[PDB]
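A structure with girodazole.
Here is the naming used below: chain letters follow the sequence lines, and residue numbers restart at 1 for every chain. Both ligands and their constituent atoms are indexed starting at 1 by order of listing. Just so you know, these numbers use all the heavy atoms, side chains as well, and skip hydrogens, waters and symmetry mates. Method on record in the header is X-ray crystallography, 2.7 Å. The entry is not shown in full; contacts are counted within the portion that is.
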Amino acid sequence: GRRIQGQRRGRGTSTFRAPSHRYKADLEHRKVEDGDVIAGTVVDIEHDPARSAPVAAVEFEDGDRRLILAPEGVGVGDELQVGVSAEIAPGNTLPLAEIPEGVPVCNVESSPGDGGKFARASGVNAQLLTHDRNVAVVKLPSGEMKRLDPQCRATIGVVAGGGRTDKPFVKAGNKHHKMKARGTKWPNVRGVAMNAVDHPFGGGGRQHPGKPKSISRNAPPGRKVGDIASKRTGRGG
RNA sequence: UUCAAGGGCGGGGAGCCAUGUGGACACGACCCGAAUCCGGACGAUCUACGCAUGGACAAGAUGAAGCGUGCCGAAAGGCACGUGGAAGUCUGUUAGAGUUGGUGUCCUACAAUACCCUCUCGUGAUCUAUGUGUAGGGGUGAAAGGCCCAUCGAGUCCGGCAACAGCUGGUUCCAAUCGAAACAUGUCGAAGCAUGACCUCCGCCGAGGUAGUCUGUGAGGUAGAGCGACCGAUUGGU
RNA sequence: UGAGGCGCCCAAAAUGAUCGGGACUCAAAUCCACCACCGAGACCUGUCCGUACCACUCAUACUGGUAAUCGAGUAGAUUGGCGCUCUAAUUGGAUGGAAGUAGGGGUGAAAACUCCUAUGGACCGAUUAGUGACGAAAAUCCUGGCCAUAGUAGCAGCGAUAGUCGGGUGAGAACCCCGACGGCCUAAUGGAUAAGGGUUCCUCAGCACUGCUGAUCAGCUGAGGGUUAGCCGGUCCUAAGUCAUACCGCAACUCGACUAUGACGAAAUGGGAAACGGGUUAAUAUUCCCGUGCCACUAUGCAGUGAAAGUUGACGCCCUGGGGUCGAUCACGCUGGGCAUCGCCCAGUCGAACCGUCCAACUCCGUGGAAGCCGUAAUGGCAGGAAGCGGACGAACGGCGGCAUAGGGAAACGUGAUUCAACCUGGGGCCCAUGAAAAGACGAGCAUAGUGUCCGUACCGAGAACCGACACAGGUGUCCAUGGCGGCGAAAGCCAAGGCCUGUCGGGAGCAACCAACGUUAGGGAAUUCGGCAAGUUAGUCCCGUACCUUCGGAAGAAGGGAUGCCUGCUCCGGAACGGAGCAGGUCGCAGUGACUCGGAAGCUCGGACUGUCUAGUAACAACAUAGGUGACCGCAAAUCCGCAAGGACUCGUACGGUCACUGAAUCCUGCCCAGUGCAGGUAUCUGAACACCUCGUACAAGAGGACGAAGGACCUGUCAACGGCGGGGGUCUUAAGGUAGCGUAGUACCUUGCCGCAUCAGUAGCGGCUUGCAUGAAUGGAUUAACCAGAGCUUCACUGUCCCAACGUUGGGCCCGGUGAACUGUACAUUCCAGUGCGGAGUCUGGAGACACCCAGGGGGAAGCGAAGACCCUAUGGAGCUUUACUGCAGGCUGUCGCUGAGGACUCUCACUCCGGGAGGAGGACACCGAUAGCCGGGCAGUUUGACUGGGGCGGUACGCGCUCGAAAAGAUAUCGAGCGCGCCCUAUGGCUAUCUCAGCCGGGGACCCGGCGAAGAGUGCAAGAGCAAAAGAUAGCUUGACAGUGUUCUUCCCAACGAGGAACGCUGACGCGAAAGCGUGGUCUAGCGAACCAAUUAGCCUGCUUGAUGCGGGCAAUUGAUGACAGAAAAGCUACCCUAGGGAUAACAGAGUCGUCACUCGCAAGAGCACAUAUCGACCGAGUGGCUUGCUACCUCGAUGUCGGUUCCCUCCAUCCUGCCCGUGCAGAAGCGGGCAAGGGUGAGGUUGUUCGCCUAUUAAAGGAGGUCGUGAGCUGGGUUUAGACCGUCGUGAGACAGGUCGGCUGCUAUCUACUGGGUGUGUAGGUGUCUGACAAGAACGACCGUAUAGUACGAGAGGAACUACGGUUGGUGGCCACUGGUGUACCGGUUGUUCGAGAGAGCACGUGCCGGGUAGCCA
Ligand SMILES: NC[C@H](Cl)[C@@H](O)c1cnc(N)[nH]1
Ligand SMILES: [Cl-]
Ligand SMILES: [Cl-]
Ligand SMILES: [Cl-]
Ligand SMILES: [Cl-]
Ligand SMILES: [K+]
Ligand SMILES: [Mg+2]
Ligand SMILES: [Mg+2]
Ligand SMILES: [Mg+2]
Ligand SMILES: [Mg+2]
Ligand SMILES: [Mg+2]
Ligand SMILES: [Mg+2]
Ligand SMILES: [Mg+2]
Ligand SMILES: [Mg+2]
Ligand SMILES: [Mg+2]
Ligand SMILES: [Mg+2]
Ligand SMILES: [Mg+2]
Ligand SMILES: [Mg+2]
Ligand SMILES: [Mg+2]
Ligand SMILES: [Mg+2]
Ligand SMILES: [Mg+2]
Ligand SMILES: [Mg+2]
Ligand SMILES: [Mg+2]
Ligand SMILES: [Mg+2]
Ligand SMILES: [Mg+2]
Ligand SMILES: [Mg+2]
Ligand SMILES: [Mg+2]
Ligand SMILES: [Mg+2]
Ligand SMILES: [Mg+2]
Ligand SMILES: [Mg+2]
Ligand SMILES: [Mg+2]
Ligand SMILES: [Mg+2]
Ligand SMILES: [Mg+2]
Ligand SMILES: [Mg+2]
Ligand SMILES: [Mg+2]
Ligand SMILES: [Mg+2]
Ligand SMILES: [Mg+2]
Ligand SMILES: [Mg+2]
Ligand SMILES: [Mg+2]
Ligand SMILES: [Mg+2]
Ligand SMILES: [Mg+2]
Ligand SMILES: [Mg+2]
Ligand SMILES: [Mg+2]
Ligand SMILES: [Mg+2]
Ligand SMILES: [Mg+2]
Ligand SMILES: [Mg+2]
Ligand SMILES: [Mg+2]
Ligand SMILES: [Mg+2]
Ligand SMILES: [Mg+2]
Ligand SMILES: [Mg+2]
Ligand SMILES: [Mg+2]
Ligand SMILES: [Mg+2]
Ligand SMILES: [Mg+2]
Ligand SMILES: [Mg+2]
Ligand SMILES: [Mg+2]
Ligand SMILES: [Mg+2]
Ligand SMILES: [Mg+2]
Ligand SMILES: [Mg+2]
Ligand SMILES: [Mg+2]
Ligand SMILES: [Mg+2]
Ligand SMILES: [Mg+2]
Ligand SMILES: [Mg+2]
Ligand SMILES: [Mg+2]
Ligand SMILES: [Mg+2]
Ligand SMILES: [Mg+2]
Ligand SMILES: [Mg+2]
Ligand SMILES: [Mg+2]
Ligand SMILES: [Mg+2]
Ligand SMILES: [Mg+2]
Ligand SMILES: [Mg+2]
Ligand SMILES: [Mg+2]
Ligand SMILES: [Mg+2]
Ligand SMILES: [Mg+2]
Ligand SMILES: [Mg+2]
Ligand SMILES: [Mg+2]
Ligand SMILES: [Mg+2]
Ligand SMILES: [Mg+2]
Ligand code: NA
Ligand code: NA
Ligand code: NA
Ligand code: NA
Ligand code: NA
Ligand code: NA
Ligand code: NA
Ligand code: NA
Ligand code: NA
Ligand code: NA
Ligand code: NA
Ligand code: NA
Ligand code: NA
Ligand code: NA
Ligand code: NA
Ligand code: NA
Ligand code: NA
Ligand code: NA
Ligand code: NA
Ligand code: NA
Ligand code: NA
Ligand code: NA
Ligand code: NA
Ligand code: NA
Ligand code: NA
Ligand code: NA
Ligand code: NA
Ligand code: NA
Ligand code: NA
Ligand code: NA
Ligand code: NA
Ligand code: NA
Ligand code: NA
């Protein structure tokens, strides 16, 4: 047979890459010596081509000009602060330790100082639940309880652009334009619509998969397709 | 080998070398003949998909939201007219792109995919130039096994290479003698082999031989016949 | 009355009859005898040759002899010889002419040798012994040359049909030049360029080459010449991205990812310092020249201390206002031209870069002070301050002044305006889409001077300069989109400017047939056809008006109805237009969107929701995509994926993510099943590898066992919007459940043209209903559904040459002439036709018939025409792509163990190692990673296998190893998918010996038992069948283990006749059993019951292992057991319609051929019925046949191809006759029939469903017969069906994929050499002429059929009803001819009229070969 589409992807050819050269900024938390004296003013609100959501242009006291993962409720003129003794309001960034429980937070770090990893897409937010000297339980948007280092910095508020998924693309053209700004090959041809040579589900005189769709985790690339290690399938039960 | 017996192999000196020649096996193996498989290279001037930077789309039609004015109403709002100018929107040989029917013309062509009429799209998932990326069990693919320079169910070039075939074709001077087998046994064997039958040639042996007939001593159950002779069929009558 | 001979009836086939033909009758037939002849290479005979043998001989040299008992031959074995090359030895020829070549003479059976003449002009032989790239008719053989083809095809076809008359030059002119007339091109056939080409550019001189003809011309040939830059490009900058170096990897590199650095990366078309005007050359030109201007740098001088913040470069899509130049147009003036019925029409009326100046818009400031005003095309603005007023900043490639008594013009050398490309400047809207960067510039003055190198620059830029082998009808980017009329228009049509007559061969025929494009056709109007394919109809604009349905958008231009020009005078909107909307009156035509441009409309059903995608080159579709729905994986040191590694994509991303899949808009919905399979989770117990550990073993080791036990598995649970399933039976069973909503004869329904209805004259169609559904059904998605569609089917109106049924015309060919000039094809011969024969499909064989030769044109009957080593089918121990629970392996994932790896069966720590963090430092941490190994999963990938037999192959079967009877032809041998049927064991006795004994069955006496008799065998003997057996081979009893060990002979296996294992018969040696003994026992009475090498285990003795001894553990001689049943032994599954190759007519489909069971038809007998009556009519059983249409069988012909079914068109035939003519019978009154005979002249038609043939149906008819010609007819047509590649549905399958199921789409090559015929000529023969005839023969259907009237309301008949002979009139079909008449044509002609151009008028051109409309002569036609 020939290599399946999932294998072509790995090669990182043009068709599969993201238009990085068009992307604006690698939104990461600032590196403050300590103290927390660092603050800045929201100079503008831009569209982030990589996340289909707003990103705030900020200018810091030390001259530094950098874009940022803007949560909802931030506008031009607003003063944002970053540091251990930063104020407890939307747009400000401080370790989960200095953050009062029950307060929605976004752009949470995994390892303190990594710049933020969790909850960064439109509308989402984590949820600081439990405190400690060692751990700070945070409920990620997927609903998982993530035990974290209290030193992990995070931003107060829900990520801006909420509700994006509510309106349907309606037409292929709209999907086309979105897809064109991501690292994804689109449209999608169904495996069952290909030839035996092209995909494990290909072939036949009619369209249906050969074997059952649920594939073992141990399956090799070229075969791992369909329902990957499904714990169950369907809706009933 | 063997208590034993019986068997196997060997034994009363002919070889070695050379030259010519018959035949066998390995090798290209009398010659040509095809689809492969493998290696290293050369191709994205075609084309597929992506990217960068540019360019293109007469004219008309329909008239979304929003806004306005007016009437009605306590309000909510509603109705009318106007404004507005949305759309993978419509008409359109604008440019440009595509390719449905004619199964027309052509079919040693104008052309190794052409001509004419017809037909579809024509502000978008649009078309297009140039630059640029992806390379061969690998790309690319809105998927047809499509496309990757007239080459694709695995490109092209050279090499491995004089690939192998039990399959088709061909294998060049004269004469004299003998003269088949198209069968048997085994065979992944039945389009092939080996071993026999049969053809030929050579050396050896040394007096018989037997294609015909008659007679003698034997073998035999086919034709025919018959079945109160077995066997099994198969009519009727007192 | 019996028998015999010969004949007769029975007796039907397709191009032209036959005994080979003629033809034959007291035979030239037949039968019985006879006589004589002809007739082979046989037989006889003369001579010769070869071969064999004999005598003589050294001899195979001579000579003599023998052959009645020698003389054919494919494959093949054997042997003597001819010829070629070069070597050697011996020996010769040649300039007094070698070799070769051409023609000719002689020898040899022959290969071949040799001579003569001519040519040639320098080499050439012989004998012997050697040598070898040593002998050709063939291979779709190779290379070269050449003939026919043939003076043939092409040099016509394209919406660009282009020329003509004069003249010039010249040896020569249709096409080279000049003038005129006439045309063509308008986003191109014009102008400027990119790539690419590369000198093609210009000049001179030429024509051997090239140029579709010619050429004096040329992109050709030769020689010269030609490209000038500070201000156009490059150059510089950076883009997607590329490379180089370092680092790292790799066995290694010219390899490889990341991270650094550097460099590269844009000539039309990214960014960017600066040039305009005129002039000039044969050829350059923002480059040269004249004039004027500008930029950068540097130097000097003055100014300036500012100088880096910021601005710029610098940016998406849609709508839109304002500013505004060119252009165009309008008014008017001037200059020049044109026209001449008028007073119109055309051209010009010029003038840059640059310098200076002006400024709308936006932004802002002051003033002011709106509580409702301001403002816009629109949105909008405001007490947070609206209008107004003043002001700051601030635009054009624009205005204005200079530039400029510069330039340019023959001259005048204008002025206003409107609409306004360019250019400038604003406002609004959209994004699940956010629309480069860097260099540079600005910021930041002025004078004067100096410098400004290097590379490109010609020309083409395309129906001749590029790519496509070509001067190729193809392909190929940019700018000119503002030239006039027209009109909505960058549309058509017409015309400027500019270009061209080079989409480059001509001349001639009223110019025939035929073909390509096309115009028009009366009446009818889809009757055509698979199907309205093709064509046609409709059309522009305004007014009125508009259904079902609908997702409320749409449907919709629904449909339907009306209007439409010109002229005169006006109104309204607007600032106005040379803008738009209307009014009144007048008025012409057949026609006013007058041409051109320019929808045909309506309805039902199927499918996919829609726009979109696709098989470059037969599929555009229902297929892919899509939004939408759904499930799965993953918290990022992730899931998924790429790399060998170093590393990488996703990712400048983070669950509202992105990966992996299914379904495929909206709406209503989406049932039941977890047994199998998959995936996932759990798990007491069971199973589960290696290391380590324990035991045995070994002075060690191999090795054997044990304990512990991971993932995995067993087991359990979860899960179907996972793969998939949703029946049989009865009022449960397989295997989990047992089909719910819906839909249903479906693109799924075999039966099937289902039934009913609608519709039609008629409807395998279509729609609706029913529906038991061969074999519908829910995200393998079910149902429904508006809109959409080059998608499939059907209906109606309209339309029409699709048809009835064809005609005429137009243009280009075609035909003739000049010039140019191929190809395909060719074993040979060839004037054939009818029959026959033959490998069964002959121009060539056989018999006849016909046939004088050559040539022109034609349409293609035949050469199983030409073209392609058949795609179909089978075969090959062929190939490839694909699949899987085929075989074997390889990646990869999971898991244990070892190493890295450290301190203190569960736990702490830090110090390696990893990651985060700039770092301090944090997280993690002996784990992870990495290296190694083990177990599991593992078509992700690789190599392969997947047998043979066979009335082809497959399915089935096994005639694949064995035994018996028969087949089998009285020895032996003997085939078939031949007939009957068996064996793959069983038995410790069912073996062995001995003793005693005789059985089946029947009878008689007291189905057990006892007694007698008859009883050669029918019993019994393990199991087929055949055979053997009676004091036994059977029965009973007793005893016994010979079913023993060893080694042979012979036969068999395998006749003859080689071959293994196996088997048997018969010995010997040893040991035994039984018997008095002879003797019997080498298993079972005989013929079936069986298996090699390698390896293991097993039995007993011995041989043996590398200097040597001991021990362990090995190697071996002999034999037993373990299986290969495909049974003389491989370890082994499938699909291909995506296919590929080698071959086969060794083998299937189609056609032919044989057969004829089948089928069609007939006959013999005649039961029976027909009210009686076999035979008017019907007709069984049985029996005998004919045909070659069906079907089947066979495997002869072709696989280096004989093109399919159906249809069509055109021709001939058969008769078994449907009609028509003439007859016979009748259950014949008549009329109408029924049955039969002769008879093939003619006729046998039109339509509805269906691809159909067939068949069903309708209405007409005299009747609407059947069949043959390769199931006649594809070098004739068509292409609906079968049967390629795409796709769907049902069924089947794990799957690829399949189907003798359905469905949508899906290509039709060739220039005719021969032959054949239709027609036309030229010659020869008969043997200079003119005119007229004859008639051997040949062709015809030239005529076939019907209706009507009189006969006649007659004959006949109760009546109803109702004939004929004959005579007439017409119709239909066929045929031949003709055009007065009717009709068509009529691009002859005349008129009307639209647009445009020539100024108007007059008169004309174009609008495709007439713009359109109306009329239409001749001719040709129906
Ligand atoms: N294939 C098995 C062989 Cl032929 C075996 O039977 C045998 C017999 N003789 C042999 N030499 N080999
Ligand atoms: Cl998305
Ligand atoms: Cl000889
Ligand atoms: Cl240039
Ligand atoms: Cl505005
Ligand atoms: K064939
Ligand atoms: Mg990031
Ligand atoms: Mg992309
Ligand atoms: Mg899809
Ligand atoms: Mg497919
Ligand atoms: Mg596969
Ligand atoms: Mg499907
Ligand atoms: Mg499916
Ligand atoms: Mg390219
Ligand atoms: Mg409007
Ligand atoms: Mg559109
Ligand atoms: Mg259109
Ligand atoms: Mg490109
Ligand atoms: Mg396919
Ligand atoms: Mg010979
Ligand atoms: Mg001889
Ligand atoms: Mg007999
Ligand atoms: Mg002979
Ligand atoms: Mg000599
Ligand atoms: Mg030969
Ligand atoms: Mg010819
Ligand atoms: Mg013309
Ligand atoms: Mg030159
Ligand atoms: Mg020239
Ligand atoms: Mg000249
Ligand atoms: Mg550069
Ligand atoms: Mg540029
Ligand atoms: Mg020039
Ligand atoms: Mg030039
Ligand atoms: Mg030309
Ligand atoms: Mg007509
Ligand atoms: Mg019809
Ligand atoms: Mg018909
Ligand atoms: Mg049509
Ligand atoms: Mg007005
Ligand atoms: Mg249907
Ligand atoms: Mg569609
Ligand atoms: Mg195609
Ligand atoms: Mg299409
Ligand atoms: Mg097509
Ligand atoms: Mg689909
Ligand atoms: Mg989806
Ligand atoms: Mg989805
Ligand atoms: Mg029906
Ligand atoms: Mg379901
Ligand atoms: Mg072949
Ligand atoms: Mg096949
Ligand atoms: Mg294969
Ligand atoms: Mg790191
Ligand atoms: Mg495989
Ligand atoms: Mg191999
Ligand atoms: Mg076979
Ligand atoms: Mg015998
Ligand atoms: Mg015996
Ligand atoms: Mg073995
Ligand atoms: Mg054993
Ligand atoms: Mg065998
Ligand atoms: Mg055998
Ligand atoms: Mg083949
Ligand atoms: Mg045959
Ligand atoms: Mg033929
Ligand atoms: Mg007759
Ligand atoms: Mg006749
Ligand atoms: Mg036929
Ligand atoms: Mg016929
Ligand atoms: Mg034919
Ligand atoms: Mg044909
Ligand atoms: Mg032809
Ligand atoms: Mg067809
Ligand atoms: Mg069809
Ligand atoms: Mg079809
Ligand atoms: Mg004309
Ligand atoms: Na499939
Ligand atoms: Na191979
Ligand atoms: Na390319
Ligand atoms: Na509105
Ligand atoms: Na076309
Ligand atoms: Na390859
Ligand atoms: Na090779
Ligand atoms: Na081979
Ligand atoms: Na044979
Ligand atoms: Na054989
Ligand atoms: Na063979
Ligand atoms: Na004798
Ligand atoms: Na007999
Ligand atoms: Na011979
Ligand atoms: Na105009
Ligand atoms: Na010419
Ligand atoms: Na569209
Ligand atoms: Na289950
Ligand atoms: Na299950
Ligand atoms: Na089902
Ligand atoms: Na479409
Ligand atoms: Na016509
Ligand atoms: Na012909
Ligand atoms: Na293949
Ligand atoms: Na096999
Ligand atoms: Na034997
Ligand atoms: Na017959
Ligand atoms: Na042939
Ligand atoms: Na036909
Ligand atoms: Na007749
Ligand atoms: Na035929
Ligand atoms: Na046909
Ligand atoms: Na054809």
Which parts of the structure correspond to girodazole, copies included?
ligand 1
Would you let me know which chain has the most contact with girodazole (ligand 1), using the name from the PDB entry?
23S ribosomal RNA
Neighbouring chains of girodazole (ligand 1) at under 4.0 Å, heavy atoms only:
C
Which organism does the PDB entry give as the source of RNA chain C?
Haloarcula marismortui
Show which residues surround girodazole (ligand 1) within 4.0 Å on heavy-atom distance.
C/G1060, C/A1128, C/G1129
